[PDB]
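Lab note: enoyl-[acyl carrier protein] reductase, triclosan bound.
Letters A, B, ... are given to chains in the order of the sequence lines, protein chains preceding strands, and every chain is numbered from 1. Quick note: numbers below take in every heavy atom, side chains included, and nothing from hydrogens, waters or symmetry partners. Atoms within a ligand are numbered from 1 in the order they appear, just like the ligands themselves.
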Amino acid sequence: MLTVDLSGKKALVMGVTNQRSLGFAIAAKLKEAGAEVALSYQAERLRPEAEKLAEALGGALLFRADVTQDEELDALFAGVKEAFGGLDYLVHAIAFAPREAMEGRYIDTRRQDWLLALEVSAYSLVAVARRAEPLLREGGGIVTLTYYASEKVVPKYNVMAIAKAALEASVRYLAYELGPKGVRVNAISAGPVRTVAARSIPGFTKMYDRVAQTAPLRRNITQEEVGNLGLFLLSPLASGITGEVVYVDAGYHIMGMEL
Amino acid sequence: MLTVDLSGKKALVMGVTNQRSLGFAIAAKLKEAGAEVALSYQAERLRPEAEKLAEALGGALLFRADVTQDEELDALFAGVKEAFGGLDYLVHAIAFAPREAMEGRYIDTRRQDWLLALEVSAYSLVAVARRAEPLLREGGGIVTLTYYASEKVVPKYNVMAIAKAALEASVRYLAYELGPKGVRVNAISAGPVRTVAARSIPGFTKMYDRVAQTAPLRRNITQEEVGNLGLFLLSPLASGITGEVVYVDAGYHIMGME
Amino acid sequence: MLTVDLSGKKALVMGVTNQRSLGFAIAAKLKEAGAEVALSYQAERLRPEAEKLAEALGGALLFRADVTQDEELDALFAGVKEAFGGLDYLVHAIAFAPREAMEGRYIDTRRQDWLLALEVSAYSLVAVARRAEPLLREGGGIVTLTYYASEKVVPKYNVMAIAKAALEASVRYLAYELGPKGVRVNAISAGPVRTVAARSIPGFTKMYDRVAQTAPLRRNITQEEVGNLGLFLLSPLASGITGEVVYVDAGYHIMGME
Amino acid sequence: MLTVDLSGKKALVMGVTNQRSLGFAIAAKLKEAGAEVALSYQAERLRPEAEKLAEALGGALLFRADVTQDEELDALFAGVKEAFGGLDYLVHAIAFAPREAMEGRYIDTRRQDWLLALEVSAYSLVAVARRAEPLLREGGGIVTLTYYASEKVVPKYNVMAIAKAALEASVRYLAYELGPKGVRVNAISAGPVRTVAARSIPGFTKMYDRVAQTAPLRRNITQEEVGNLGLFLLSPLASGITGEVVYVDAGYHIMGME
Ligand SMILES: NC(=O)c1ccc[n+]([C@@H]2O[C@H](COP(=O)([O-])OP(=O)(O)OC[C@H]3O[C@@H](n4cnc5c(N)ncnc54)[C@H](O)[C@@H]3O)[C@@H](O)[C@H]2O)c1
Ligand SMILES: NC(=O)c1ccc[n+]([C@@H]2O[C@H](COP(=O)([O-])OP(=O)(O)OC[C@H]3O[C@@H](n4cnc5c(N)ncnc54)[C@H](O)[C@@H]3O)[C@@H](O)[C@H]2O)c1
Ligand SMILES: NC(=O)c1ccc[n+]([C@@H]2O[C@H](COP(=O)([O-])OP(=O)(O)OC[C@H]3O[C@@H](n4cnc5c(N)ncnc54)[C@H](O)[C@@H]3O)[C@@H](O)[C@H]2O)c1
Ligand SMILES: NC(=O)c1ccc[n+]([C@@H]2O[C@H](COP(=O)([O-])OP(=O)(O)OC[C@H]3O[C@@H](n4cnc5c(N)ncnc54)[C@H](O)[C@@H]3O)[C@@H](O)[C@H]2O)c1
Ligand SMILES: Oc1cc(Cl)ccc1Oc1ccc(Cl)cc1Cl
Ligand SMILES: Oc1cc(Cl)ccc1Oc1ccc(Cl)cc1Cl
Ligand SMILES: Oc1cc(Cl)ccc1Oc1ccc(Cl)cc1Cl
Ligand SMILES: Oc1cc(Cl)ccc1Oc1ccc(Cl)cc1Cl
């Protein structure tokens, strides 16, 4: 038998809303593997859900941070430094684009909506990686969540496609810059999973059924499959893997035209 | 001999500073091919030189527009519409990132520097495509300029790599959205060329040397090689090509280790 | 106007069967630009129609060569050497996989069928590049044809996808090796075109109609669009471009879903 | 603590010569995790090491099979079926190119050498996948080993690069074809590790030493890092992952320059 024991390890998981959150799926596996887990949630309105998540993990520290707010980010990492001392793992599971940007055409994206989507969904990784850098121990890691539309056009995903392209390029540069400290940086490209944010993509259910039709495994992936890949990449089992975008999508993205 | 005749065609080329500007290389080829060319320049400061470029083309309309100013962009496309009635070609040859963003580590990029880089270097394609769309005729096209660092780490290119990654994904979505109206969208991935903007990349000389050492052709590309590719992509010869990032880099980007 | 003038340039186009052949489209454009074009065809049974193609091009030189027969390849380049003295352009428009391989599953491909597919569709490029190398002039080039199934799974393209992956990797290595000599090597990734070879892909008509529905341009490409890209890549207008796979597919391969 | 218990599961690992073999590292992890392992070695001359490897694992069935020999492959899988009744995991850690193909230029590769390289290094995945299919249980998988020269030119890796492009394309097609039964197919793209075979790449030590200087992690990967990725991809932890080429190279291949 192989055991993954992360006793002694400290994890901060940013971007949890409820138990369907992919950030949460990774937090669960990290806690199960023995790490101490802190969750960050976006706004006070989400505190009651974050409390339920801490409880479902059997214990987790909670912190409020909006990634557009540099003061709140400073306070987060100050709080994590005080509670943990050093940090091993950082999970970045945050994305946003304004409803109107997702519902219209990409070409019709308003300037301030476009910038907000990039700010929240891509710049935030840089914001948190910079603040995490002095805390992160040798062997530690940052993992983010991205989607195939960075490479190929998925209708209605619009500015998020572009944010994910910026997010993946960021992963490579941060991997290059944090690598000498023995800190790894990777992206999980997840296939469609029915989360809270899934409702924000028009035609998500079409995407979802389409993936299950065409993917090599002829099924959608699960939250736990994302959780397990996040666990692996953060664990010492993945000690030689950095700067990568690793797909957990039942093979969907390798497919060209079928039927 | 085969002929590329763009008589009757109207081009807008955005982002010329001087005669070494990649956008100007594409402008010169479109003009030589017989197209009528309008140029846009960033700021009143650049006007005297913009006029020298208009002159080197044997005439070109000039418009000033900073792509962070939506009203300047509105005015620019009102001006083009009045002057030309419509448009066939749009060249987007615009990028910027603060000096501090390019001198430091990517991880140390300040929020507002990061956002400005993406706004000027990527969002601008969207802002100009939207405005050009009602003017753009069937057979028409948009071409932008990118660099390999979108795909692979080129140290110190930093936030511009991320902006180019955004630019390239923008090219794909914009190709998808404009294609039904018969308008193509492509990016040219140029290798290093000594332009005014190259002086804003600290390691440029090192990059230039690596390319000459490593590239299949054992040399750097030229301004004219960029111009010729832009001409081709905008021309009817490229009528089947859209959503593409085409490399003009002497083969550099296909090389691994040597 | 710009003029592409290839007067005095010499081309060999390998893999013509009929007027729909992609190699023929590129031959016709090279001839239009003023190049002298020789053609090669595979076997005696194809000679009558090949002669008609040669006649269509002002009476082009015609050679027989099966790329599995090294002796025929030697005779081909000896004959080209005698006729032209050297060579500027080489077009490689040749693929085959046995019917058994294409109609089954990839996993069920027989050893000998798989090897023949790779030999004809991938190794042949190395075989002709090697023999062309001493004839090839500075500024010269080789262009081959591929399909996006090298990167993405297209059911029933089977071993040919794998041969095309081998082909594209071959293009990168040959570009590296011929580059010092000022010879470029590139691939054209064409979208579906209704050629005689199309009948060898089960369900091709389904594939063709799907492209029209979902490509950015909401149509298939044409044989001529392939011919124009071949011309461009071989011409000095593309002098900065080597080791590339350039897609002419109406944008199809950029679409991720639907 | 989270556990991976592969008790009850059966593995065939093909291509061990050495305790430094990447195939052996994967077998060691599979055995650690609880799996019953079978090993195939190439030739009678490797029996004694094979036996010591089987000792090192704590016991392992041994078989001899040359991947060019269909009868030896049929006997392998009949033997495996007899001993295990079914298979859960197949590791394909086999590659070969003739010395002469590796030592010069890709363009100079002789027909027989090119074919054999493709036959042993790419076709063998299909041959073994076909024979494994009826034995392979739902949740089962196949993992192979590749190298980044499939996408980027590494001089002197030559035909092996082309074989790896074929292999990775084969992984995508076999993943598609085996996916319906709940069987996954993936590739590990390893960075340089000092094995017997590494020495058959001219300049390997300098390639090895260069990675340690330029990789994001500023070191080479270890045999154990490959073994852990193999274990992960074959285990249920990777149940959502198929058709993937996963890089374990200390980030080396993300670098674009310097
Ligand atoms: N669900 C999927 O099918 C899928 C597929 C691929 C990638 N992803 C990515 O996974 C990540 C997590 O999304 P999810 O699907 O779990 O949905 P989710 O809604 O559960 O999580 C998204 C989180 O982003 C947070 N967030 C948004 N704006 C924020 C801001 N300004 N500051 C701080 N937090 C903010 C929200 O509060 C929320 O917790 C995202 O990056 C998403 O793009 C999701
Ligand atoms: N020179 C190279 O080696 C190279 C290589 C690859 C890609 N590129 C790209 O080519 C394009 C052209 O750059 P170039 O090298 O010709 O240099 P350049 O300086 O001649 O052109 C860049 C232009 O961007 C304009 N610009 C910057 N900010 C602007 C703003 N706010 N509003 C309006 N215009 C603005 C500048 O005024 C300038 O004319 C850029 O997108 C660049 O990233 C250049
Ligand atoms: N038609 C398409 O939609 C399409 C799309 C992408 C790529 N391609 C590629 O374009 C190239 C040309 O094919 P095409 O579609 O014009 O069909 P085609 O039938 O007109 O040309 C293919 C040629 O290959 C030749 N050939 C086959 N085996 C040979 C051998 N042993 N020796 C010498 N010649 C041999 C045939 O004689 C034939 O002329 C091929 O490589 C094909 O894979 C075609
Ligand atoms: N070592 C590295 O740095 C590295 C990097 C990337 C990929 N790889 C790949 O990993 C795999 C394993 O190689 P390795 O480095 O562990 O070296 P190795 O020498 O330990 O393993 C190579 C194996 O291939 C076998 N083989 C060759 N021809 C065969 C044939 N005809 N029939 C059956 N077996 C045959 C040999 O017997 C040998 O056991 C290979 O596919 C190789 O291409 C290695
Ligand atoms: O990136 C995603 C991809 C998929 Cl398939 C499903 C959900 C995703 O996540 C989001 C999508 C849109 C917005 Cl506005 C916010 C988020 Cl978190
Ligand atoms: O993108 C580029 C790539 C190269 Cl190799 C050289 C110059 C380039 O163009 C720029 C680089 C930095 C800034 Cl601030 C602005 C511009 Cl226009
Ligand atoms: O590669 C191709 C791709 C397409 Cl879409 C259409 C035709 C093609 O060409 C071939 C396909 C199969 C065989 Cl057996 C031989 C050839 Cl020339
Ligand atoms: O593919 C490889 C890549 C690397 Cl970096 C090191 C070793 C490799 O493996 C081989 C290399 C050459 C030959 Cl002839 C056979 C094998 Cl197994």
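- Lab note - all copies counted, triclosan located at ligands 5, 6, 7 and 8.
- Contact chains for triclosan (ligand 6) (heavy atom under 4.0 Å, other chains only): B.
- Within 4.0 Å of triclosan (ligand 6) on heavy-atom distance sit the residues B/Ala95, B/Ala97, B/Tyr157, B/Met160, B/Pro192, B/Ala197, B/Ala198, B/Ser200, B/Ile201, B/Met207.
- For atom 6 (C) of triclosan (ligand 6), the closest non-hydrogen atom on the protein side is B/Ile201 CD1, 3.0 Å.
- Triclosan (ligand 6) places these atoms under 4.0 Å from at least one heavy atom of B/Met207: 5 (Cl).
- Scanning the protein for heavy atoms near atom 9 (O) of triclosan (ligand 6), the closest one is B/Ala197 CB, 3.8 Å.
- In terms of protein heavy-atom proximity, atom 13 (C) of triclosan (ligand 6) is nearest to B/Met160 CE, 3.8 Å.
- Scanning the protein heavy atoms around atom 2 (C) of triclosan (ligand 6), the nearest turns out to be B/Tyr157 OH, 3.4 Å.
- The PDB records the source of chain B as Thermus thermophilus.
- Between B/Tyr147 and triclosan (ligand 6), a contact under 3.5 Å exists for no N or O pair.
- In summary, the atoms of triclosan (ligand 6) found under 4.0 Å from a heavy atom of B/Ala97, numbered by their order in the structure, are 14 (Cl).
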One line per pair, note the atom names and distance for all nitrogen or oxygen contacts under 3.5 Å between triclosan (ligand 6) and the protein.
unit_1               : atom_1 : unit_2   : atom_2 : d
triclosan (ligand 6) : 1 (O)  : B/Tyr157 : OH     : 2.6

